[PDB]
Amino acid sequence: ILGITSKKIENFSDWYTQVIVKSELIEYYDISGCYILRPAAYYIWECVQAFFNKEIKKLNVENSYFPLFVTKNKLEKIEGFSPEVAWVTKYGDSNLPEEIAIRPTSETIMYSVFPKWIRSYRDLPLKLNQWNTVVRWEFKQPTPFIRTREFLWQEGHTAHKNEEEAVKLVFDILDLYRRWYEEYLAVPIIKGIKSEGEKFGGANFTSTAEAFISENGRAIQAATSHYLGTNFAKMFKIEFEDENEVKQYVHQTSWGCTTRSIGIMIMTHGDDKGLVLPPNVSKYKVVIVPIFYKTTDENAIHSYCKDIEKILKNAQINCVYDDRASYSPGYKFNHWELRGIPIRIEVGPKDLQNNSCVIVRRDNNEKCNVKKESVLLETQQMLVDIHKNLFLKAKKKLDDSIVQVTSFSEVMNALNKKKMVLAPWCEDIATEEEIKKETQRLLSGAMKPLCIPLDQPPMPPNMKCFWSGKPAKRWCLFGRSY
Ligand SMILES: Nc1ncnc2c1ncn2[C@@H]1O[C@H](COP(=O)(O)OP(=O)(O)NP(=O)(O)O)[C@@H](O)[C@H]1O
Ligand SMILES: O=C(C[C@H]1NCCC[C@@H]1O)Cn1cnc2cc(Br)c(Cl)cc2c1=O
Ligand code: NA
(Lines of atoms letter the chains of each structure in order from A and count residues from 1; the text may use other names and numbers.)
(Lines give C-alpha, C1' and ligand atoms only; values in the text may rest on other atoms or scores of the structure.)
(Ligands and ions follow the chains in the order given, each with its own letter.)
Protein backbone atom coordinates (compact mmCIF):
# COMPACT_ATOMS: atom_id res chain seq x y z
CA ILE A 1 0.00 0.00 0.00
CA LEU A 2 2.59 2.54 1.23
CA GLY A 3 6.36 1.92 1.48
CA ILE A 4 8.50 -0.21 -0.91
CA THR A 5 8.51 -3.83 0.34
CA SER A 6 10.97 -5.39 -2.12
CA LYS A 7 14.70 -4.80 -2.15
CA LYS A 8 15.91 -3.79 -5.61
CA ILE A 9 18.39 -6.67 -5.59
CA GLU A 10 16.09 -9.39 -4.19
CA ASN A 11 13.09 -8.94 -6.47
CA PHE A 12 14.13 -6.22 -8.89
CA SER A 13 10.99 -6.72 -10.95
CA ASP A 14 8.51 -6.57 -8.08
CA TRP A 15 10.58 -3.59 -6.91
CA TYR A 16 10.01 -1.79 -10.24
CA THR A 17 6.25 -2.35 -10.13
CA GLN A 18 6.11 -1.12 -6.57
CA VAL A 19 8.19 1.97 -7.40
CA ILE A 20 6.51 3.15 -10.58
CA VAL A 21 3.10 2.77 -8.97
CA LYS A 22 3.67 3.92 -5.41
CA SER A 23 5.68 6.93 -6.73
CA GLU A 24 2.55 7.96 -8.68
CA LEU A 25 4.28 7.63 -12.05
CA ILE A 26 1.93 5.13 -13.54
CA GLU A 27 -1.16 3.09 -13.18
CA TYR A 28 -1.80 -0.31 -14.77
CA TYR A 29 -4.71 -0.76 -17.14
CA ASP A 30 -7.15 -3.40 -18.36
CA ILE A 31 -5.29 -3.82 -21.66
CA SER A 32 -1.96 -5.58 -21.46
CA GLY A 33 1.05 -3.49 -22.40
CA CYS A 34 -0.76 -0.18 -22.04
CA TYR A 35 -0.07 2.03 -19.03
CA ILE A 36 -1.44 5.28 -17.69
CA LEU A 37 1.07 8.09 -17.39
CA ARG A 38 0.18 10.22 -14.43
CA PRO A 39 1.57 13.71 -14.31
CA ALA A 40 4.70 12.83 -12.41
CA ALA A 41 5.58 10.57 -15.37
CA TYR A 42 4.42 12.83 -18.18
CA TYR A 43 6.31 15.73 -16.69
CA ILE A 44 9.49 13.73 -17.29
CA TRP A 45 8.47 13.22 -20.91
CA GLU A 46 7.70 16.91 -21.34
CA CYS A 47 11.06 17.94 -19.95
CA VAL A 48 13.03 15.86 -22.46
CA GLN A 49 10.62 16.71 -25.25
CA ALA A 50 11.34 20.39 -24.61
CA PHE A 51 15.04 19.78 -24.62
CA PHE A 52 15.01 17.66 -27.74
CA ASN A 53 12.75 20.06 -29.64
CA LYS A 54 15.01 22.94 -28.80
CA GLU A 55 17.97 21.03 -30.08
CA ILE A 56 16.50 19.77 -33.31
CA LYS A 57 15.18 23.27 -34.25
CA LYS A 58 18.87 24.18 -34.36
CA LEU A 59 19.29 21.53 -37.04
CA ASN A 60 16.26 22.97 -38.88
CA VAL A 61 14.19 19.94 -38.10
CA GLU A 62 10.51 20.78 -38.13
CA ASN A 63 7.72 19.09 -36.29
CA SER A 64 4.70 17.78 -38.07
CA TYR A 65 1.99 15.25 -37.68
CA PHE A 66 0.99 12.42 -39.96
CA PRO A 67 -1.96 10.15 -39.57
CA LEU A 68 -2.27 7.37 -37.04
CA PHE A 69 -3.56 4.95 -39.71
CA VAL A 70 -2.04 3.32 -42.73
CA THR A 71 -3.61 1.06 -45.40
CA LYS A 72 -2.75 -2.62 -46.04
CA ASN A 73 -1.07 -2.17 -49.41
CA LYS A 74 0.66 1.09 -48.52
CA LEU A 75 2.06 -0.46 -45.36
CA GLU A 76 3.34 -3.49 -47.31
CA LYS A 77 5.39 -1.54 -49.89
CA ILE A 78 11.46 -3.47 -43.33
CA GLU A 79 10.87 -7.29 -42.97
CA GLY A 80 9.69 -9.82 -40.31
CA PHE A 81 7.24 -7.41 -38.65
CA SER A 82 3.64 -7.94 -39.95
CA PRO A 83 2.45 -10.17 -37.01
CA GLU A 84 3.01 -7.07 -34.78
CA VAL A 85 0.52 -4.79 -36.59
CA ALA A 86 -2.82 -3.87 -34.97
CA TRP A 87 -5.72 -3.81 -37.44
CA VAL A 88 -8.83 -1.73 -37.40
CA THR A 89 -11.50 -3.86 -39.01
CA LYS A 90 -14.80 -2.09 -38.44
CA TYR A 91 -16.47 1.11 -37.37
CA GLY A 92 -19.47 0.53 -35.15
CA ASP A 93 -21.08 -2.59 -36.61
CA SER A 94 -19.79 -2.04 -40.15
CA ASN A 95 -16.77 -4.04 -41.38
CA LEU A 96 -14.42 -1.63 -43.24
CA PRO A 97 -13.83 -2.15 -46.97
CA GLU A 98 -10.13 -2.84 -46.34
CA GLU A 99 -8.29 -3.43 -43.11
CA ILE A 100 -6.37 -0.38 -41.94
CA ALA A 101 -3.43 -0.54 -39.59
CA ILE A 102 -2.27 1.53 -36.64
CA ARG A 103 1.14 3.05 -37.16
CA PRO A 104 4.08 1.10 -35.75
CA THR A 105 6.33 3.72 -37.43
CA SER A 106 5.61 6.35 -39.96
CA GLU A 107 8.10 5.40 -42.73
CA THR A 108 5.62 4.02 -45.18
CA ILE A 109 3.18 6.82 -44.39
CA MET A 110 5.68 9.63 -44.67
CA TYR A 111 7.90 8.33 -47.45
CA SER A 112 4.96 7.90 -49.79
CA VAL A 113 4.55 11.65 -49.90
CA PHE A 114 8.23 12.64 -49.92
CA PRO A 115 8.58 12.37 -53.70
CA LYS A 116 5.81 14.92 -54.02
CA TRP A 117 7.74 17.37 -51.78
CA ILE A 118 11.12 16.66 -53.34
CA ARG A 119 11.56 17.53 -57.02
CA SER A 120 14.96 19.37 -57.00
CA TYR A 121 18.15 19.96 -54.95
CA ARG A 122 16.57 23.29 -53.93
CA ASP A 123 14.11 21.17 -51.94
CA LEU A 124 16.80 19.51 -49.81
CA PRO A 125 17.53 18.85 -47.06
CA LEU A 126 14.02 17.82 -45.93
CA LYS A 127 13.84 17.44 -42.14
CA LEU A 128 10.73 16.27 -40.32
CA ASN A 129 9.91 15.00 -36.89
CA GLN A 130 6.91 13.72 -35.06
CA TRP A 131 5.89 13.46 -31.48
CA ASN A 132 3.25 10.77 -31.69
CA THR A 133 2.37 7.35 -30.32
CA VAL A 134 2.80 4.09 -32.15
CA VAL A 135 1.58 0.60 -31.54
CA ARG A 136 3.25 -2.77 -31.90
CA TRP A 137 1.64 -5.93 -30.54
CA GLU A 138 4.76 -7.65 -29.19
CA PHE A 139 5.29 -11.29 -28.18
CA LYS A 140 7.92 -10.77 -25.45
CA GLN A 141 6.05 -9.72 -22.23
CA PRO A 142 5.49 -5.99 -21.79
CA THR A 143 7.03 -4.03 -18.98
CA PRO A 144 6.07 -0.41 -18.18
CA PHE A 145 8.16 2.17 -20.03
CA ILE A 146 10.67 -0.39 -21.26
CA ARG A 147 8.56 -2.50 -23.60
CA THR A 148 5.08 -1.06 -23.97
CA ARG A 149 2.52 -1.94 -26.58
CA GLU A 150 1.58 1.68 -27.06
CA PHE A 151 4.31 4.24 -26.53
CA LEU A 152 5.05 7.87 -26.92
CA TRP A 153 8.07 8.64 -28.95
CA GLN A 154 9.62 11.14 -31.23
CA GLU A 155 10.46 9.90 -34.77
CA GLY A 156 12.75 11.96 -36.95
CA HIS A 157 13.07 11.54 -40.68
CA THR A 158 15.43 13.49 -42.94
CA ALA A 159 16.53 13.44 -46.55
CA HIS A 160 19.61 15.03 -48.15
CA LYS A 161 21.58 15.65 -51.31
CA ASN A 162 24.45 13.35 -50.16
CA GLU A 163 26.08 11.19 -47.42
CA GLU A 164 28.32 13.84 -45.81
CA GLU A 165 25.10 15.93 -45.13
CA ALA A 166 23.14 12.86 -43.94
CA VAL A 167 25.60 10.86 -41.88
CA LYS A 168 26.81 13.98 -40.10
CA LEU A 169 23.28 14.58 -38.85
CA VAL A 170 22.92 10.96 -37.81
CA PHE A 171 25.73 11.42 -35.34
CA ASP A 172 24.49 14.89 -34.42
CA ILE A 173 21.16 13.30 -33.38
CA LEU A 174 22.96 10.52 -31.57
CA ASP A 175 24.75 13.05 -29.41
CA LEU A 176 21.52 14.74 -28.63
CA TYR A 177 20.26 11.39 -27.46
CA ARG A 178 23.31 11.09 -25.27
CA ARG A 179 22.59 14.53 -23.81
CA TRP A 180 18.94 13.64 -23.43
CA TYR A 181 20.05 10.80 -21.19
CA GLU A 182 23.09 12.38 -19.52
CA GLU A 183 22.07 15.99 -19.03
CA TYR A 184 18.41 15.21 -18.19
CA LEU A 185 18.09 11.62 -16.95
CA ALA A 186 21.65 11.37 -15.57
CA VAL A 187 21.83 7.99 -17.28
CA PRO A 188 25.09 7.10 -18.98
CA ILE A 189 24.86 5.52 -22.44
CA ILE A 190 27.44 4.07 -24.74
CA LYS A 191 27.31 5.09 -28.39
CA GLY A 192 27.90 2.35 -30.93
CA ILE A 193 27.08 0.91 -34.32
CA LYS A 194 24.90 -2.18 -34.45
CA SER A 195 25.94 -5.36 -36.18
CA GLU A 196 24.62 -6.30 -39.58
CA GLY A 197 22.40 -8.85 -37.90
CA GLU A 198 20.80 -6.47 -35.39
CA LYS A 199 20.75 -3.24 -37.37
CA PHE A 200 17.47 -1.94 -38.80
CA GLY A 201 16.45 -3.86 -41.91
CA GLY A 202 16.17 -0.79 -44.11
CA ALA A 203 19.29 1.01 -42.86
CA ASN A 204 22.79 1.31 -44.28
CA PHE A 205 23.98 1.40 -40.67
CA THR A 206 22.21 1.76 -37.36
CA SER A 207 23.90 3.82 -34.70
CA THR A 208 22.63 3.34 -31.21
CA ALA A 209 22.78 4.41 -27.60
CA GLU A 210 23.05 1.51 -25.16
CA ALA A 211 22.31 1.40 -21.49
CA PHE A 212 22.73 -1.42 -18.99
CA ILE A 213 20.75 -2.56 -16.02
CA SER A 214 23.35 -3.96 -13.66
CA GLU A 215 20.82 -5.66 -11.34
CA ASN A 216 19.72 -8.24 -13.85
CA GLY A 217 22.65 -7.74 -16.23
CA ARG A 218 20.50 -6.77 -19.21
CA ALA A 219 21.59 -4.24 -21.75
CA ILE A 220 19.04 -2.07 -23.34
CA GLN A 221 18.75 0.00 -26.53
CA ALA A 222 18.29 3.53 -25.29
CA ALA A 223 17.87 5.33 -28.60
CA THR A 224 18.42 4.77 -32.24
CA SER A 225 19.76 6.74 -35.18
CA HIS A 226 20.07 5.23 -38.71
CA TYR A 227 21.87 6.11 -41.87
CA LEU A 228 19.46 4.83 -44.50
CA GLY A 229 21.35 5.88 -47.57
CA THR A 230 19.25 5.41 -50.66
CA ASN A 231 17.49 2.23 -49.58
CA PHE A 232 14.12 3.87 -48.99
CA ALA A 233 14.73 6.31 -51.85
CA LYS A 234 14.89 3.28 -54.18
CA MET A 235 11.69 1.85 -52.60
CA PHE A 236 9.58 5.02 -52.77
CA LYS A 237 11.24 6.49 -55.89
CA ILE A 238 12.32 9.54 -53.93
CA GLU A 239 14.49 11.46 -56.33
CA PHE A 240 15.77 14.93 -57.10
CA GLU A 241 17.18 16.94 -59.95
CA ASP A 242 20.88 17.40 -59.23
CA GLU A 243 22.64 20.81 -59.45
CA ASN A 244 23.56 19.51 -62.98
CA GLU A 245 20.06 18.31 -63.98
CA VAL A 246 20.82 14.56 -63.40
CA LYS A 247 18.07 12.72 -61.40
CA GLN A 248 19.39 11.36 -58.08
CA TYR A 249 18.24 9.28 -55.15
CA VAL A 250 18.08 11.01 -51.76
CA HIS A 251 20.13 10.01 -48.74
CA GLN A 252 17.91 9.68 -45.68
CA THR A 253 18.14 9.28 -41.91
CA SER A 254 15.52 8.28 -39.43
CA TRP A 255 15.98 8.27 -35.67
CA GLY A 256 13.84 7.93 -32.57
CA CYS A 257 13.70 7.70 -28.81
CA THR A 258 10.76 6.70 -26.63
CA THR A 259 9.32 6.68 -23.12
CA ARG A 260 11.65 3.72 -22.56
CA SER A 261 14.14 6.40 -21.53
CA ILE A 262 11.92 7.08 -18.51
CA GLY A 263 12.09 3.43 -17.48
CA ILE A 264 15.81 3.34 -17.93
CA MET A 265 16.16 6.32 -15.59
CA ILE A 266 13.94 4.79 -12.96
CA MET A 267 15.87 1.53 -13.00
CA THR A 268 19.15 3.36 -12.84
CA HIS A 269 18.57 5.78 -9.94
CA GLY A 270 15.71 4.13 -8.09
CA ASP A 271 16.46 2.77 -4.64
CA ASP A 272 14.70 0.98 -1.81
CA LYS A 273 13.10 4.16 -0.54
CA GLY A 274 11.61 4.43 -4.02
CA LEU A 275 11.85 6.83 -6.93
CA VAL A 276 14.85 9.10 -7.34
CA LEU A 277 14.54 11.89 -9.87
CA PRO A 278 17.28 14.01 -11.29
CA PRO A 279 16.05 17.51 -10.40
CA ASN A 280 15.69 18.52 -14.06
CA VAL A 281 12.66 16.20 -14.34
CA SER A 282 10.83 16.71 -11.06
CA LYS A 283 8.20 19.54 -10.85
CA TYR A 284 9.20 20.10 -7.25
CA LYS A 285 12.86 20.61 -6.51
CA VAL A 286 12.35 20.87 -2.74
CA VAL A 287 9.81 19.89 -0.14
CA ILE A 288 9.65 21.90 3.02
CA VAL A 289 8.54 20.10 6.13
CA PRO A 290 8.07 21.62 9.56
CA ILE A 291 8.94 19.44 12.53
CA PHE A 292 7.75 20.69 15.91
CA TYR A 293 5.44 19.78 18.81
CA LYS A 294 4.63 22.56 21.27
CA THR A 295 1.63 24.64 19.96
CA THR A 296 3.41 27.92 20.77
CA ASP A 297 5.86 26.95 17.96
CA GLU A 298 3.07 26.72 15.32
CA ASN A 299 2.69 30.31 13.94
CA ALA A 300 6.46 31.08 13.99
CA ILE A 301 7.22 27.83 12.11
CA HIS A 302 4.44 28.26 9.53
CA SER A 303 6.04 31.61 8.87
CA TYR A 304 9.71 30.53 8.70
CA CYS A 305 8.68 27.77 6.30
CA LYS A 306 6.50 30.17 4.27
CA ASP A 307 9.53 32.53 4.12
CA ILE A 308 11.86 29.75 2.91
CA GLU A 309 9.19 28.82 0.31
CA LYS A 310 8.96 32.43 -0.87
CA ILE A 311 12.75 32.61 -1.37
CA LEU A 312 12.94 29.47 -3.48
CA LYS A 313 9.92 30.27 -5.65
CA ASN A 314 11.03 33.85 -6.40
CA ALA A 315 14.20 32.24 -7.62
CA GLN A 316 12.04 30.10 -9.97
CA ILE A 317 12.72 27.00 -7.92
CA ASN A 318 9.46 25.23 -7.58
CA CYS A 319 8.75 23.48 -4.27
CA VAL A 320 6.12 22.11 -1.91
CA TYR A 321 5.45 22.94 1.69
CA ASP A 322 3.85 20.01 3.38
CA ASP A 323 2.20 21.67 6.37
CA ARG A 324 -0.57 19.11 6.81
CA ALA A 325 -1.31 18.67 10.52
CA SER A 326 -2.72 15.11 10.33
CA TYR A 327 0.51 13.50 9.11
CA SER A 328 3.57 12.44 11.04
CA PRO A 329 6.90 13.98 10.04
CA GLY A 330 8.10 10.49 9.11
CA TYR A 331 5.06 10.05 6.85
CA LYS A 332 6.10 13.17 5.06
CA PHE A 333 9.75 12.14 4.88
CA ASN A 334 8.89 8.72 3.45
CA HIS A 335 6.28 10.11 1.15
CA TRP A 336 8.33 12.73 -0.63
CA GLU A 337 11.40 10.46 -0.68
CA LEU A 338 9.24 7.87 -2.38
CA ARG A 339 7.92 10.41 -4.89
CA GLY A 340 11.48 11.36 -5.90
CA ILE A 341 11.64 14.91 -4.58
CA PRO A 342 15.38 15.78 -4.72
CA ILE A 343 15.58 17.90 -1.56
CA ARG A 344 13.79 18.01 1.73
CA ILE A 345 14.18 21.03 3.96
CA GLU A 346 13.47 20.42 7.60
CA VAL A 347 12.39 23.26 9.86
CA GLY A 348 12.14 22.98 13.63
CA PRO A 349 12.65 25.08 16.78
CA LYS A 350 16.47 24.53 16.90
CA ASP A 351 16.52 26.29 13.46
CA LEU A 352 14.47 29.30 14.45
CA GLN A 353 16.66 29.91 17.50
CA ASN A 354 19.65 29.42 15.21
CA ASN A 355 18.38 31.11 12.00
CA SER A 356 19.01 28.04 9.85
CA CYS A 357 17.45 24.77 8.65
CA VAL A 358 18.42 21.16 7.80
CA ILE A 359 18.73 20.26 4.11
CA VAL A 360 18.74 16.61 3.07
CA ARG A 361 19.63 15.17 -0.33
CA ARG A 362 17.44 12.50 -1.81
CA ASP A 363 20.32 10.78 -3.56
CA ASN A 364 22.39 9.70 -0.55
CA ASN A 365 20.73 11.24 2.50
CA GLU A 366 23.55 13.58 3.62
CA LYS A 367 22.10 16.27 5.83
CA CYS A 368 23.48 19.69 6.60
CA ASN A 369 22.65 22.91 8.41
CA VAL A 370 22.77 26.15 6.48
CA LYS A 371 22.09 29.71 7.66
CA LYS A 372 18.80 31.02 6.19
CA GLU A 373 20.69 33.82 4.42
CA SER A 374 22.48 31.28 2.16
CA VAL A 375 19.69 28.71 1.63
CA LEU A 376 18.94 29.78 -1.97
CA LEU A 377 22.55 29.44 -3.10
CA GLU A 378 23.14 26.18 -1.24
CA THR A 379 19.91 24.70 -2.64
CA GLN A 380 20.92 25.51 -6.18
CA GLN A 381 24.43 24.06 -5.83
CA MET A 382 22.95 21.07 -4.11
CA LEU A 383 20.56 20.27 -6.95
CA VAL A 384 23.47 20.35 -9.37
CA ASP A 385 25.62 18.06 -7.22
CA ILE A 386 22.73 15.65 -6.92
CA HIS A 387 22.67 15.45 -10.69
CA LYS A 388 26.53 15.17 -10.80
CA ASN A 389 26.40 12.46 -8.24
CA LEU A 390 23.52 10.40 -9.66
CA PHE A 391 25.20 10.37 -13.03
CA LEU A 392 28.67 9.63 -11.80
CA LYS A 393 27.47 6.84 -9.59
CA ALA A 394 25.62 5.38 -12.58
CA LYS A 395 28.77 5.68 -14.84
CA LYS A 396 31.00 4.04 -12.18
CA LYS A 397 28.36 1.34 -12.05
CA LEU A 398 28.11 0.92 -15.82
CA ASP A 399 31.86 0.69 -16.12
CA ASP A 400 32.06 -2.03 -13.49
CA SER A 401 29.53 -3.97 -15.54
CA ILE A 402 31.85 -3.98 -18.59
CA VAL A 403 34.57 -6.59 -18.80
CA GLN A 404 36.96 -6.56 -21.73
CA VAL A 405 37.99 -10.12 -22.67
CA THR A 406 39.38 -12.16 -25.53
CA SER A 407 38.50 -15.84 -25.14
CA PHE A 408 35.17 -17.56 -25.38
CA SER A 409 35.32 -18.82 -21.76
CA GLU A 410 36.29 -15.42 -20.38
CA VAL A 411 33.10 -14.35 -22.15
CA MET A 412 30.85 -16.94 -20.57
CA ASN A 413 32.27 -16.11 -17.11
CA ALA A 414 31.44 -12.50 -17.51
CA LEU A 415 27.97 -13.32 -18.93
CA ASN A 416 27.33 -15.81 -16.08
CA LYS A 417 28.41 -12.97 -13.69
CA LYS A 418 25.61 -10.59 -14.98
CA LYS A 419 28.19 -8.46 -16.90
CA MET A 420 28.33 -7.28 -20.44
CA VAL A 421 31.45 -7.99 -22.41
CA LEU A 422 33.77 -6.11 -24.70
CA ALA A 423 35.41 -8.62 -27.06
CA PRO A 424 37.32 -8.80 -30.29
CA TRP A 425 35.06 -9.92 -33.14
CA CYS A 426 35.36 -10.59 -36.85
CA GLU A 427 31.82 -9.26 -37.43
CA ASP A 428 30.67 -12.05 -39.83
CA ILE A 429 26.86 -12.10 -39.71
CA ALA A 430 26.92 -15.87 -39.83
CA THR A 431 28.41 -15.86 -36.29
CA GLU A 432 25.64 -13.84 -34.73
CA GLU A 433 22.97 -16.53 -34.52
CA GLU A 434 25.59 -19.15 -33.64
CA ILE A 435 26.78 -16.97 -30.80
CA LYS A 436 23.17 -16.24 -29.78
CA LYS A 437 21.73 -19.85 -29.89
CA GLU A 438 24.91 -21.41 -28.41
CA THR A 439 25.31 -19.04 -25.42
CA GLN A 440 21.57 -19.39 -24.80
CA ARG A 441 22.55 -23.01 -24.31
CA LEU A 442 24.69 -22.43 -21.17
CA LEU A 443 12.94 -12.80 -21.65
CA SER A 444 15.69 -14.59 -23.71
CA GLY A 445 18.99 -15.66 -22.10
CA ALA A 446 21.04 -15.36 -25.29
CA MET A 447 24.10 -13.20 -25.66
CA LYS A 448 23.28 -10.73 -28.44
CA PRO A 449 25.79 -8.36 -29.99
CA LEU A 450 24.65 -5.05 -28.63
CA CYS A 451 26.85 -2.48 -30.31
CA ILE A 452 30.29 -1.97 -31.77
CA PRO A 453 31.25 1.07 -29.73
CA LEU A 454 32.53 4.13 -31.51
CA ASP A 455 35.21 4.66 -28.94
CA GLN A 456 37.47 1.69 -29.78
CA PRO A 457 40.36 0.46 -27.64
CA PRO A 458 43.35 -0.43 -29.78
CA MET A 459 43.43 -3.70 -31.70
CA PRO A 460 46.51 -5.83 -31.13
CA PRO A 461 47.96 -6.77 -34.50
CA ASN A 462 47.35 -10.57 -34.40
CA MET A 463 44.17 -10.47 -32.25
CA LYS A 464 41.73 -13.27 -33.12
CA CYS A 465 37.93 -13.12 -32.99
CA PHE A 466 36.76 -14.68 -29.74
CA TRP A 467 34.36 -16.95 -31.71
CA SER A 468 35.45 -17.39 -35.33
CA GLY A 469 39.15 -17.65 -34.66
CA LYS A 470 39.28 -15.38 -37.71
CA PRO A 471 41.33 -12.21 -37.18
CA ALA A 472 39.17 -9.71 -35.34
CA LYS A 473 38.14 -6.43 -37.00
CA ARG A 474 37.01 -4.50 -33.91
CA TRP A 475 35.85 -4.63 -30.32
CA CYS A 476 32.14 -5.29 -29.79
CA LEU A 477 29.86 -5.19 -26.81
CA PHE A 478 27.87 -8.37 -26.21
CA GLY A 479 25.36 -9.17 -23.51
CA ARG A 480 22.00 -10.61 -22.57
CA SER A 481 19.35 -7.94 -23.42
CA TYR A 482 15.93 -6.49 -22.73
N1 LIG B 1 7.79 -1.71 -27.20
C2 LIG B 1 8.56 -0.63 -26.95
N3 LIG B 1 8.31 0.23 -25.96
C4 LIG B 1 9.10 1.30 -25.75
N5 LIG B 1 10.18 1.61 -26.49
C6 LIG B 1 10.53 0.81 -27.51
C7 LIG B 1 9.72 -0.37 -27.80
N8 LIG B 1 10.25 -0.99 -28.85
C9 LIG B 1 11.34 -0.25 -29.20
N10 LIG B 1 11.52 0.82 -28.40
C11 LIG B 1 12.57 1.85 -28.53
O12 LIG B 1 12.40 2.52 -29.78
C13 LIG B 1 13.65 3.05 -30.23
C14 LIG B 1 13.70 2.96 -31.76
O15 LIG B 1 14.01 1.64 -32.22
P16 LIG B 1 13.02 0.73 -33.08
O17 LIG B 1 13.83 0.31 -34.29
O18 LIG B 1 11.71 1.47 -33.12
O19 LIG B 1 12.60 -0.53 -32.18
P20 LIG B 1 13.32 -1.96 -32.14
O21 LIG B 1 14.77 -1.70 -32.54
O22 LIG B 1 12.44 -2.70 -33.11
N23 LIG B 1 13.13 -2.72 -30.48
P24 LIG B 1 14.30 -3.38 -29.24
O25 LIG B 1 14.71 -4.77 -29.73
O26 LIG B 1 13.60 -3.55 -27.91
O27 LIG B 1 15.44 -2.41 -29.00
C28 LIG B 1 14.74 2.26 -29.50
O29 LIG B 1 15.60 3.11 -28.73
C30 LIG B 1 13.99 1.33 -28.57
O31 LIG B 1 14.57 1.46 -27.28
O1 LIG C 1 10.76 1.88 -36.40
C2 LIG C 1 11.78 1.50 -36.88
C3 LIG C 1 12.72 2.41 -37.66
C4 LIG C 1 12.71 3.86 -37.26
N5 LIG C 1 11.51 4.49 -37.63
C6 LIG C 1 11.39 5.79 -37.01
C7 LIG C 1 12.66 6.31 -36.29
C8 LIG C 1 13.37 5.35 -35.46
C9 LIG C 1 12.99 4.02 -35.74
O10 LIG C 1 14.09 3.06 -35.32
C11 LIG C 1 12.16 -0.06 -36.78
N12 LIG C 1 10.83 -0.76 -36.63
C13 LIG C 1 10.48 -1.21 -35.46
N14 LIG C 1 9.33 -1.87 -35.26
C15 LIG C 1 8.49 -2.08 -36.31
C16 LIG C 1 7.28 -2.76 -36.05
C17 LIG C 1 6.40 -2.95 -37.14
BR18 LIG C 1 4.68 -3.84 -36.87
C19 LIG C 1 6.73 -2.48 -38.42
CL20 LIG C 1 5.58 -2.78 -39.70
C21 LIG C 1 7.90 -1.81 -38.69
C22 LIG C 1 8.81 -1.60 -37.59
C23 LIG C 1 10.00 -0.93 -37.73
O24 LIG C 1 10.37 -0.50 -38.82
NA1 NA D 1 16.78 -3.79 -26.17
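The residue numbers of chain A are those assigned by the PDB entry, with the residues present covering 251-327, 332-696, 707-746 sequentially. In each ligand, atom 1 is the first atom listed, and ligand 1 is the first ligand listed.
- The molecule at ligand 2 is the drug halofuginone.
- Most heavy-atom contacts to halofuginone: the chain the PDB entry names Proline--tRNA ligase.
- With a cut-off of 4.0 Å on heavy-atom distance, the UniProt-listed L-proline-binding residues of chain A close to halofuginone are: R390, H480.
- By chain and number, the binding site of halofuginone (heavy atoms under 4.0 Å) reads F335, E338, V339, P358, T359, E361, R390, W407, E409, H411, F454, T478, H480, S508, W509, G510.
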